[PDB]
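VX-787 complexed to Polymerase basic protein 2, as determined in this entry.
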Amino acid sequence: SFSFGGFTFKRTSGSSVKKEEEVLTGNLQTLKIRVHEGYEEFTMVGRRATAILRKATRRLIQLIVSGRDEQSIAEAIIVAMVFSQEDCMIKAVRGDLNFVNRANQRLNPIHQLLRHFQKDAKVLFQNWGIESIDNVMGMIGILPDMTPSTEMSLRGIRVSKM
Ligand SMILES: O=C(O)[C@H]1[C@H]2CC[C@H](CC2)[C@@H]1Nc1nc(-c2c[nH]c3ncc(F)cc23)ncc1F
């Protein structure tokens with residue numbers, strides 16, 4: 001239904017209304033983003049990874065991911081975290097004031113966030129948060145360093161891997 005970061009997104013459930021909101025990045029730039037308000041589920045289909053995303057307003061509730069290799073799974077996770085519009089993803093932006101240009105009639109801020117994190121997702125992964133996980137057979141944790149764990153995971157994130 002739409003393409004974002006190389007994944008085909010389809011909404012499978014729920015609805016949202018869009019409210020324009022100014023947000024402040026970690027490096028103190030202002031982005032004016034269309035915040036989606038409501039409960040939604042999406043599928044994400046890539047060449048090398050597939051995910052199920054459950055989200056609410058600026059909140060990743062669950063992401064289940066399967067993929068070819070560590071790189072392919074990290075790609076899905078980064079796109080999902082930007083799509084979530086979470087405040088910790090907005091605050092993970094650091095470094096050059098790259099969102100200040102204004103040359104184009106309109107420069108999509110969610111695309112700007114994804115392009116930022118495609119350069120380096122270390123700050124994003126390190127600030128997202130980790131949680132203890134239940135023992136669900138075939139579901140493993142993935143740590144900020146993209147290492148598997150049976151005990152902990154990035155908040156809301158599980159890899160489907162036997
Ligand atoms: O807002 C936009 O300009 C585009 C770009 C940035 C993310 C989506 C894909 C590209 C967005 N397009 C669409 N988003 C959504 C959408 C629903 N809930 C969401 N929550 C967060 C989010 F972020 C986008 C959405 N629905 C239909 C779309 F067609």
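Throughout, residue positions are numbered sequentially from 1 according to the sequence presented. Per the header of the entry, the method used was X-ray crystallography, 1.8 Å. Excluded from the calculations below are hydrogen atoms, water molecules and symmetry mates; all remaining heavy atoms, backbone and side chain alike, are included. Numbering of ligands and ligand atoms starts at 1, following listing order.
- Contacts between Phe83 and VX-787 (ligand 1), counted as non-hydrogen atom pairs separated by less than 4.0 Å, involve both the backbone and the side chain.
- Atoms of VX-787 (ligand 1) lying under 4.0 Å from any heavy atom of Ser16, numbered from 1 in the order shown and given with element: 17 (C), 18 (N).
- Residue-to-ligand polar distances place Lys55 within reach of VX-787 (ligand 1): an N/O pair is separated by less than 3.5 Å.
- Taking any N or O of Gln85, backbone or side chain, none lies under 3.5 Å from an N or O belonging to VX-787 (ligand 1).
- An N or O contact shorter than 3.5 Å is missing between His111 and VX-787 (ligand 1) by distance.
- Taking distance alone, with nitrogen or oxygen atoms compared against 3.5 Å, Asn108 approaches VX-787 (ligand 1) more closely than that limit.
- The contact set between VX-787 (ligand 1) and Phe42, taken as ligand atoms under 4.0 Å from a residue heavy atom, comprises 17 (C), 18 (N).
- Close approach of VX-787 (ligand 1) to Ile110 is summarised as follows: ligand atoms under 4.0 Å from at least one heavy atom of the residue are 6 (C), 7 (C).
- In the vicinity of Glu40, heavy-atom distances shorter than 4.0 Å reach the VX-787 (ligand 1) atoms 17 (C), 18 (N), 19 (C).
- Nearest residue to atom 17 (C) of VX-787 (ligand 1) from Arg58, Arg106, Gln112, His36 is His36 (criterion: closest heavy atom).
- With non-hydrogen distances under 4.0 Å, the site around VX-787 (ligand 1) consists of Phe2, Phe4, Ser16, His36, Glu40, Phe42, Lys55, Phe83, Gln85, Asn108, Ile110, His111.
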